[PDB]
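Structure note - sulfamethoxazole present.
Here is the naming used below: chain letters follow the sequence lines, and residue numbers restart at 1 for every chain. Header says: X-ray crystallography, 1.5 Å. No hydrogens, no waters, no symmetry mates; every other heavy atom, side chains included, goes into these values. Ligands are counted one by one from 1 in listed order, and the atoms in each one are counted from 1 as well.
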Amino acid sequence: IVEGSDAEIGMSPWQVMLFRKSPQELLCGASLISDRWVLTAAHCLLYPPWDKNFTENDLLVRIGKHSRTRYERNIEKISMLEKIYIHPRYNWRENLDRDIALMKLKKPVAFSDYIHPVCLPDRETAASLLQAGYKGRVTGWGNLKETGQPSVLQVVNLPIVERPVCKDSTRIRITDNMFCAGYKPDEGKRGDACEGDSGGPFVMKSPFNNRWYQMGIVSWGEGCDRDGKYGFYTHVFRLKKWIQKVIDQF
Amino acid sequence: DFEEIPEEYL
Amino acid sequence: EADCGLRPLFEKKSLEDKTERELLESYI
Ligand SMILES: Cc1cc(NS(=O)(=O)c2ccc(N)cc2)no1
Ligand SMILES: *[C@@H]1O[C@H](CO)[C@@H](O)[C@H](O)[C@H]1NC(C)=O
Ligand code: NA
Ligand code: NA
């Protein structure tokens, strides 16, 4: 996260770290949506242009964390993966359309002060909150700058951007399964996700019921925190029928 | 520089 | 899921984090 700040303890208890077993390293962010399901970006697991195709046994998920590099004894919980599910129309060839994946854990994780699931949006919450200017929150352990790394989880609040401005900022084809967020050059505030934050959550606190909803997944960007560029996020609600199908079946 | 995790998880 | 999105150290205790008000103020 660029131009963010240190998270408070328990501020993002759904935040998940995707961790490579060997070499031991941070791969991506992710989020806890139930005691057995974790949501992330498909490109965190499958990206053939870079010879990335992780299997269940390659990875662990670490839940309840605050410190990036410490083993947080008696606080974090480490879970093995039962199965990965990647959206069948995830477009890794072109523009990362439908950049979403689910991971089912081998055993349920125990909730605690530090471990608790985020809600997924219904149609009405999405319609009400996914408006230009409305702010969401991005969290992660990714780099602090495009070109270093944080001691603890970072947090930044960023406004959703009008779709024409998103499109006009890039040569990439933007789809309805994406939205963009970030400040404009003239707005005098900054912030973005960066390397290591992708797959993590973009959340909004509903003013109707005071619950946190995951509206986006950190998907892609052109650099980090560049003037005139924006972060692009998977539109979780638009893909929720797939999420429900996977959980119902499996 | 990640701290080693317990062997049980590996 | 019944309890989703309510943080033990914040909403469950009626404590606010240091920047959630920035979000609320944007929901105009
Ligand atoms: C995919 C993917 C990741 C990546 N770079 S990144 O550093 O992971 C990143 C992701 C989102 C934003 N907003 C900024 C930086 N670019 O494409
Ligand atoms: C990804 O890996 C799976 C499991 O080995 C395999 O079935 C699939 O063909 C791979 N896809 C690639 C390499 O594009
Ligand atoms: Na364009
Ligand atoms: Na920018």
Provide the full list of ligands or chains belonging to sulfamethoxazole. ligand 1
Sulfamethoxazole: macromolecule with most heavy-atom contacts, named per the PDB entry: Prothrombin
Around sulfamethoxazole, which other chains have a heavy atom under 4.0 Å away? A
Min N/O separation A:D192 to sulfamethoxazole under 3.5 Å: yes
Which segment of A:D99 sits under 4.0 Å of sulfamethoxazole when only heavy atoms are counted: neither
Any N/O of A:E195 closer than 3.5 Å to an N/O of sulfamethoxazole? yes
For A:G223, state whether at least one heavy atom is located under 4.0 Å from any atom of sulfamethoxazole. yes
Would you know which UniProt domain in chain A holds the bulk of residues touching sulfamethoxazole? Peptidase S1
Of the side chain and backbone of A:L96, name the one, both, or neither that has a heavy atom under 4.0 Å from an atom of sulfamethoxazole. side chain
What is the organism of chain A, as given by the entry? Homo sapiens
A:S219 near sulfamethoxazole by a heavy-atom separation under 4.0 Å: yes
For atom 17 (O) of sulfamethoxazole, the protein heavy atom that lies nearest, with its residue and separation: A:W220 CB, 3.3 Å
Minimum heavy-atom distance, sulfamethoxazole to UniProt active-site residues of chain A: A:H43, 3 Å
Can you walk me through which residues contact sulfamethoxazole using 4.0 Å for heavy atoms? A:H43, A:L96, A:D192, A:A193, A:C194, A:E195, A:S198, A:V218, A:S219, A:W220, A:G221, A:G223, A:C224, A:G231
Check sulfamethoxazole against the protein and report each N/O to N/O distance under 3.5 Å, formatted as atom name, atom name, distance.
residue	atom	partner	partner atom	Å
sulfamethoxazole	7 (O)	A:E195	N	2.8
sulfamethoxazole	13 (N)	A:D192	OD1	3.0
sulfamethoxazole	16 (N)	A:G221	O	3.4

